[PDB]
Amino acid sequence: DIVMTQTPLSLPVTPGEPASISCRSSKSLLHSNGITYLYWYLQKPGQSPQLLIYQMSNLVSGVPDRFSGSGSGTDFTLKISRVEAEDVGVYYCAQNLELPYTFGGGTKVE
Amino acid sequence: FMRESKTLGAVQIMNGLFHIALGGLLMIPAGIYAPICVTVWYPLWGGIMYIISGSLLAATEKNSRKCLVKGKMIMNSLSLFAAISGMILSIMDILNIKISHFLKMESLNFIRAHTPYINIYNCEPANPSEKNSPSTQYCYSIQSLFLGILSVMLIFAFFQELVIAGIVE
Amino acid sequence: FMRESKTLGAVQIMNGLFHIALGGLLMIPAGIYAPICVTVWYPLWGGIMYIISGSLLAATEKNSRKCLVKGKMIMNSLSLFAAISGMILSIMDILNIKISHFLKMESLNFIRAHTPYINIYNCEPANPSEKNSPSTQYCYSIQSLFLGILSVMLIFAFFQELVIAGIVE
Amino acid sequence: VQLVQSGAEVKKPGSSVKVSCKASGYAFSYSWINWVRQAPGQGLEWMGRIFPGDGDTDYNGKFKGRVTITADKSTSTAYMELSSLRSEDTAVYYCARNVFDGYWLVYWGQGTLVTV
């Protein structure tokens, strides 16, 4: 299938300056349509999962304003201008172009 | 075999109005790459040519005029040229849409900017998450309707060309 | 006028071909709730009876032993009934498509088995921000195309019915 | 729109477990039901999906076709049917609703955990 690798695995929380989540695909995800599909998930205990970013171009309403994200096609990077302790959790990188669907291993942030 | 020399003029007039109306109706925005039938603007001038040819013969039934017969046979030659050109373009368009996209054929802004983010040539689910989606079903219906319209146009053009070949003598 | 009614037999034949071809074209599964015009199968029988009448209309244009006078009244009455029924159906269908429908008119199964998940009557997602999706544009294009087809069919039916009414008088 | 799921159930290895993912507030036949499992030690993992409108189903193919999924139109609820559960299969399962044309899996479910 398709396997994703992310780093750092831990990434200890530090508000403001350091915020960088990177994920990559081993199959060079590209459908030659000019866009690449990418999704981000946040798992913090207390509530059900929710969508964060969809094909790294726009964000669902209600998202914190200090969020962003971009990519080139092979290596995908997630950047936050100012990380906060309220939206703490893990980041999941996902690709949906061929069966079977595979989800990222996640980065446990404490 | 040479049945009547006048009753076919009304038929030619009605087929000319047919082509004009079809050309006017098929100007709806459909994809960035408009079909080659409308990019050339062939149907409108073709239909006006057929309407002029019909008006030149439907309600005359006269002879002994050199200019009349000269113009009649010249415009008949242009009618044959228009018919064969329409056949060629219809065959090319149906082969392009049915088999695979191979021609761009960019069109005017007023019929392209309306739908600048849709495709009507190869619209299949890129990802399995939209295998059965309203967008792909709507595009499939559009493609089927376009194929049916092209088939009807080709059949009518073939019938009209056969009529002309029977009337050229 | 009645002086030159012979030339209109081919016109009525072409009108019958119109009705049959357009019925076959609209037979395609364009949504679960098909327009009432195609559910009643009016165009097919209307075109076939126009074809029959036109074949009998241009038989001899004279008084044979018993070939034309028997039909000249009954088939004319049938043509008038078909014309009034067709214009009534057209003016009902244009209202049923412009205004929210109050007739179901479920489509037949053997065509519904192909595209059974197309909705045109209510294709507006509850999300106001979702209006920019290509699905809404596709639905609007389908609605505009259907409106154009219905308007063209109504206009042509009115023209043919008025010319038939004038001729039979 | 609201999604209601049954509570967690405790089972034993080799048995069978069923979970009811009740759906309401939307058109049940106009959304592909997606199920994703989450096990301790790693992230999420897709297992299967079903379309109740036409009965079309898809499978991950990782295992030898042990996943059996069915849907009921009269109740608009999908049921879980797995045979001979093992210890390594102990995980929490979530049923998610998909939205076509971009919003792939925006809507999630409450989820139900099973222990054997």
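Chain IDs: alphabetical, in sequence-line order. Chain A is numbered as in the PDB entry; the shown residues are, in order, 1-110. By the PDB entry numbering, chain B shows 45-213, in order. Residue numbering for chain C follows the PDB entry; the residues present correspond to positions 45-213, in that order. All chain D residue numbers match the PDB entry; in order, they span 2-117. Every heavy atom of this structure was used, including side-chain atoms; hydrogens, water molecules and symmetry mates were not. Method on record in the header is electron microscopy, 4.3 Å.
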Drug listed at chains A and D: obinutuzumab
Chief macromolecule bound to obinutuzumab (UniProt): B-lymphocyte antigen CD20
Other-chain contacts of obinutuzumab, heavy atoms, cut-off 4.5 Å: B, C
Heavy-atom contacts under 4.5 Å from obinutuzumab: UniProt TM segments of chain B: none
